[PDB]
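Quick look at a structure containing raltegravir.
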Amino acid sequence: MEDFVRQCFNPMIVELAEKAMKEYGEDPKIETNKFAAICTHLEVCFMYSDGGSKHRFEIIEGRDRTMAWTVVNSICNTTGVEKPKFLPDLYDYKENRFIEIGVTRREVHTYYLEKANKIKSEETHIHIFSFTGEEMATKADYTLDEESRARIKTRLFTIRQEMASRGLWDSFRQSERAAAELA
Amino acid sequence: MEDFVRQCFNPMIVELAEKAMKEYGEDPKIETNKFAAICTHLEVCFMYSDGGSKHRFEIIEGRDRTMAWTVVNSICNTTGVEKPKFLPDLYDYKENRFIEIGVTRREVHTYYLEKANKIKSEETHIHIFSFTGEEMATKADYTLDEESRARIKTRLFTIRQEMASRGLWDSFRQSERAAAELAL
Amino acid sequence: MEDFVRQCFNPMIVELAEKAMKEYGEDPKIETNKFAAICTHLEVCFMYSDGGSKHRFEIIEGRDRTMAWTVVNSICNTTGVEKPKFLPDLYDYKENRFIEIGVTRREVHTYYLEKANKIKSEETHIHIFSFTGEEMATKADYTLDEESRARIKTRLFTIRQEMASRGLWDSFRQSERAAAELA
Amino acid sequence: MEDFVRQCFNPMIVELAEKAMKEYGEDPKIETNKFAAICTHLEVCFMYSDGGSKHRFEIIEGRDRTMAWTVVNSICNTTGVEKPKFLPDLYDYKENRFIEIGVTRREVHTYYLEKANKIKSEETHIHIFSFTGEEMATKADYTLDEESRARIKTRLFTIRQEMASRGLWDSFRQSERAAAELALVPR
Ligand SMILES: Cc1nnc(C(=O)NC(C)(C)c2nc(C(=O)NCc3ccc(F)cc3)c(O)c(=O)n2C)o1
Ligand SMILES: Cc1nnc(C(=O)NC(C)(C)c2nc(C(=O)NCc3ccc(F)cc3)c(O)c(=O)n2C)o1
Ligand SMILES: Cc1nnc(C(=O)NC(C)(C)c2nc(C(=O)NCc3ccc(F)cc3)c(O)c(=O)n2C)o1
Ligand SMILES: Cc1nnc(C(=O)NC(C)(C)c2nc(C(=O)NCc3ccc(F)cc3)c(O)c(=O)n2C)o1
Ligand SMILES: [Mn+2]
Ligand SMILES: [Mn+2]
Ligand SMILES: [Mn+2]
Ligand SMILES: [Mn+2]
Ligand SMILES: [Mn+2]
Ligand SMILES: [Mn+2]
Ligand SMILES: [Mn+2]
Ligand SMILES: [Mn+2]
């Protein structure tokens, strides 16, 4: 599963995920499913930022924590938007709102409910993707046009097929359900 | 003809064509006309995908066949379009449809007829270009704007002229008319 | 402060600022605050030119003085616009006007009034940014859309935050105030 | 003048101009004014092709004559537009027409009328720039928006200024008026 992750995502995303996981004390060679999931979330965030006009999104995910909070503080002090309690994934300059991007192998309704109850702020926009082609956004406001989101969903289903053809899909799908049924 | 093919198309297209023809058991050095035709079809598909907005098209032609079918499956599952019986060339995320692209040295109406009768799927769009400047699309819906299609046609006619100035056009034009009579 | 400037701005801007300071007889190693100010103004000008269409702005700032005046004369002779008395920072081909860009650590309107009374031109547009998210432009015409200006403001606030975190913001803010009171 | 040309235009344009001058049996070291003129014309054609959107212009100038005529063949046979009798500079896929671009140190309308009487083509669009900022196009259809043409004119005036600052502008401007009067002499 580790060699698959290193062959499936580009080395920059792999390096960013390795750094983010070593920061939380987790191991790429052991917790390979979390490695894959973090790589997937990063690729989705980057494709999402690429979906709009050139200057539309400020990328928060993928940065170092302190610098990410610095950019969040700058955005809040210059636009007047409330500071989120948890680090978001993007900022939308066009719609003037923070975006929390989610990718799940689970039920999309349950994941959206979990994230919405975790955020509790009436500002941060939520947008969930899944490996089955479903997506759910705050107020059904999907931010991007249909082409960008469809590309993201196609990439996700391709990742799922690639995992299934080598027999890693079942364990990867049950890993996220294991972190929610245990933690 | 083989040296002409290697000089006329960029090395990435030539590499892709050689890999496809070795996948289908053919020889670039012997059947140089099909070498040229596959390079031409690949170039047309690429200009076509470049004709629209940034990421309007998913490119299926030019891939390993297994990965091509994987991408087709992903598209079909995330959008709901029916899975084609034959590998198409592009997928249009804007109009939500697969595109089969044809480049023919023969009469265009006949080529479109054979393509549409082989596809049978009432969803896969068909777009045919010729070496004379004539094009033909399903429902006269040409997908791209006039300028991109005109660039494609200009490039096709330039290929035809470069072939003819070397005495290679007659054999190339009869290569397709011969394999069409042999298949029957 | 010098190391912070060299690690905070990309080497092209740092080199242009070093050239601008050596041309005026100043030393970046000892006048580090003005080093930072020149780097910041250059970055803002370059972000501003990137704010519109690909070929909308002629960049006047960041050149050799003689070549910049040559380009100014060319613009004036081909468009008929009045030649400015001081080198501006940009030329807007869409609105057909020169642009003076300012970045101040004081109030935007004081700086605007000073610059306007200095240039004494009814044609040259003036656009002032601050390190606190405020902006002031001639006739309230901000040239660019909200997204590009918001990007610029966010970057300015991030620079201010980095300075503050290193304990250099106070001296940088009081340096501009100490230079104006000398006149 | 030759050093100025070599340091004023980017190396690709200098190479193209040298190739064209040798193709016409002329020495860029001796005929430095014509050297600069070819360089300026090529740069203007390239900025012009940039001025539009992505797939608008087929660039004809800058190619060798055989392939240029081959591309004009392809365009005429796939679009139905008329055969130009002389090699034009660009082809506009949006407006579906060939474009002849001229850059003159003389009066713009004099140059336009000379070119339009030479080519005598009903479809070939003509667009003339000068080193003073004047421009003139067929039916006042300038093809590009105002910003692109303004950039072109600004660059032309900058070239004029750089030439005059070096003492080369007077000879450059008298070069074109000396070649036009010579062409009007059958004797
Ligand atoms: C519901 C539900 N089910 N699983 C989760 C969940 O949160 N899982 C993790 C931790 C793996 C996660 N993390 C981040 C992230 O950015 N974390 C860094 C951070 C640090 C501090 C701070 F305040 C906020 C965020 C994501 O973006 C993200 O999509 N996920 C899934 O939520
Ligand atoms: C009518 C008519 N006249 N000639 C043909 C014709 O089909 N000729 C060939 C075979 C040379 C061809 N092939 C493909 C292609 O992609 N094939 C690979 C594939 C593999 C598996 C699968 F299920 C379907 C297709 C093209 O795209 C293409 O344009 N052509 C012309 O049709
Ligand atoms: C009010 C108020 N408070 N401080 C200033 C102020 O002007 N500060 C300086 C001198 C540091 C400054 N300079 C230039 C510039 O271009 N200088 C070089 C130049 C000037 C004139 C000319 F004709 C040719 C070249 C800027 O662009 C710029 O933004 N600033 C801030 O204004
Ligand atoms: C009137 C009037 N006043 N000066 C001229 C003029 O034509 N000057 C030259 C020759 C320097 C010129 N040449 C080409 C060009 O492409 N030449 C290639 C070619 C040669 C022979 C042939 F029959 C057709 C084309 C240009 O594009 C161009 O802009 N110019 C200015 O016209
Ligand atoms: Mn996150
Ligand atoms: Mn997230
Ligand atoms: Mn195909
Ligand atoms: Mn095809
Ligand atoms: Mn300036
Ligand atoms: Mn300024
Ligand atoms: Mn020409
Ligand atoms: Mn010309």
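Residue numbers start from 1 in every chain, and the chains themselves are labelled A, B, ... in the order their sequence lines are given, proteins ahead of strands. Start at 1 and go down the list; that is how both ligands and their atoms are numbered.
- One finds raltegravir in this model at ligands 1, 2, 3 and 4.
- Looking only at contacts, the largest set of contacts to raltegravir (ligand 3) comes from what the PDB entry names Protein PA-X.
- In contact with raltegravir (ligand 3) at heavy-atom distances under 4.0 Å, by letter: C.
- The shell of residues around raltegravir (ligand 3) (heavy atoms under 4.0 Å) is C:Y24, C:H41, C:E61, C:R65, C:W69, C:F86, C:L87, C:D89, C:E100, C:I101, C:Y111, C:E114, C:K115.
- Less than 4.0 angstrom separates some heavy atom of C:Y24 from each of these atoms of raltegravir (ligand 3): 18 (C), 19 (C), 25 (C).
- In this structure, the other ligands and ions lying under 4.0 Å from raltegravir (ligand 3) are ligand 9 (manganese (II) ion), ligand 10 (manganese (II) ion).
- Covalent partner of raltegravir (ligand 3): none modeled.
- Taking a cut-off of under 4.0 Å to the non-hydrogen atoms of C:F86, the atoms of raltegravir (ligand 3) that pass are 21 (C), 23 (F).
- Checked against a 3.5 angstrom limit, the closest N/O atoms of C:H41 and raltegravir (ligand 3) fall inside it.
- Distances below 4.0 Å separate heavy atoms of C:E61 from the following atoms of raltegravir (ligand 3): 16 (O), 27 (O).
- Remark: raltegravir (ligand 3) atoms within the under-4.0 Å shell around heavy atoms of C:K115 are 1 (C), 2 (C), 7 (O), 29 (O), 32 (O).
- Organism for chain C, as given in the entry: Influenza A virus (A/ruddy turnstone/New Jersey/Sg-00524/2008(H4N6)).
- Taking a cut-off of under 4.0 Å to the non-hydrogen atoms of C:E100, the atoms of raltegravir (ligand 3) that pass are 27 (O), 29 (O).
- Atoms of raltegravir (ligand 3) found under 4.0 Å from any heavy atom of C:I101, numbered from 1 in the order shown, are 29 (O).
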